[PDB]
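The following structure holds avibactam (bound form).
Along the sequence shown, residues carry numbers from 1. Order of listing sets the numbers, starting from 1, for every ligand and every atom in it. Atom set for the values below is all heavy atoms of this structure, side chains included, hydrogens, waters and symmetry mates excluded. So this one's X-ray crystallography, 2.7 Å, going by the header.
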Amino acid sequence: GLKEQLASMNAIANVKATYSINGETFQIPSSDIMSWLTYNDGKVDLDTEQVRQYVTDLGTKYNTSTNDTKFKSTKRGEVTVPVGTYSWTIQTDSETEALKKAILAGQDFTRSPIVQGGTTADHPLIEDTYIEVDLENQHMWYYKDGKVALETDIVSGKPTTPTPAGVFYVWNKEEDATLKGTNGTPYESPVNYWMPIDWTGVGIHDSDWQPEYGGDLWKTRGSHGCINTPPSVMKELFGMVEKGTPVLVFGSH
Ligand SMILES: *C(=O)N1C[C@H](NOS(=O)(=O)O)CC[C@H]1C(N)=O
Ligand SMILES: [Cl-]
């Protein structure tokens, strides 16, 4: 029905296609959609090459796997936390087909895109719940639904083997575990509570062996990378922190 197909083309061009990605919300411009419209051998469709470009660019713009994260810190205002293990990436070919299908349906819509990674793009990467590790002030907070639920001085890694910055997360929890390391070569360390955040096996754990925790102590008594924590505190922390909670670690540019 050419009559019907042309009415289809009208509708399609007039669709309000809205994306919600990492918190930002926006509408795909009507001019971009009229561009993409096609009609060939009696079939209405969209120019895949062009739609795929658009979706590729969404990736370039928004992907938390390749774009750092602006973070409102506790002591320093808005800082930039670099990419880490807690991230996601838009799957270009899946999203391209999904977006075409949505648009050719010709009904107004909102979507967040198809991604692969630690969470989805339907919400901002960081929300009201997270662990903040301010490496400069050498101090750590656990925020839960907006409010600080616990805080403490810590000891980061020594300057030869420093704690890296990035948007990390608690990917596992383990009790009475025993960690392996290197110095001239092999060594060990038993720990009551262990929460890794990184793929090189950085993580947050208790320290019997650190007598005090604070400001300068890291320069001489620093760790191999991990975040040494008061044992009375670390227990109480492991108690309240769900697996999957993000951990933001940062120091001064
Ligand atoms: C964390 O950086 N690691 C885990 C483990 N514990 O470190 S600590 O005893 O210095 O606090 C061993 C070293 C290191 C690693 N390379 O896994
Ligand atoms: Cl991995």
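Here, the model contains avibactam (bound form) as ligand 1. The main partner of avibactam (bound form, ligand 1) in this structure, judged by heavy-atom pairs under 4.5 Å and named as in the PDB entry, is L,D-transpeptidase. Residue and atom in covalent linkage with avibactam (bound form, ligand 1): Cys226 SG. Heavy-atom contacts of avibactam (bound form, ligand 1) within 4.0 Å involve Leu179, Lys180, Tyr187, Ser189, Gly201, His205, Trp209, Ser223, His224, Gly225, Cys226, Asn228.
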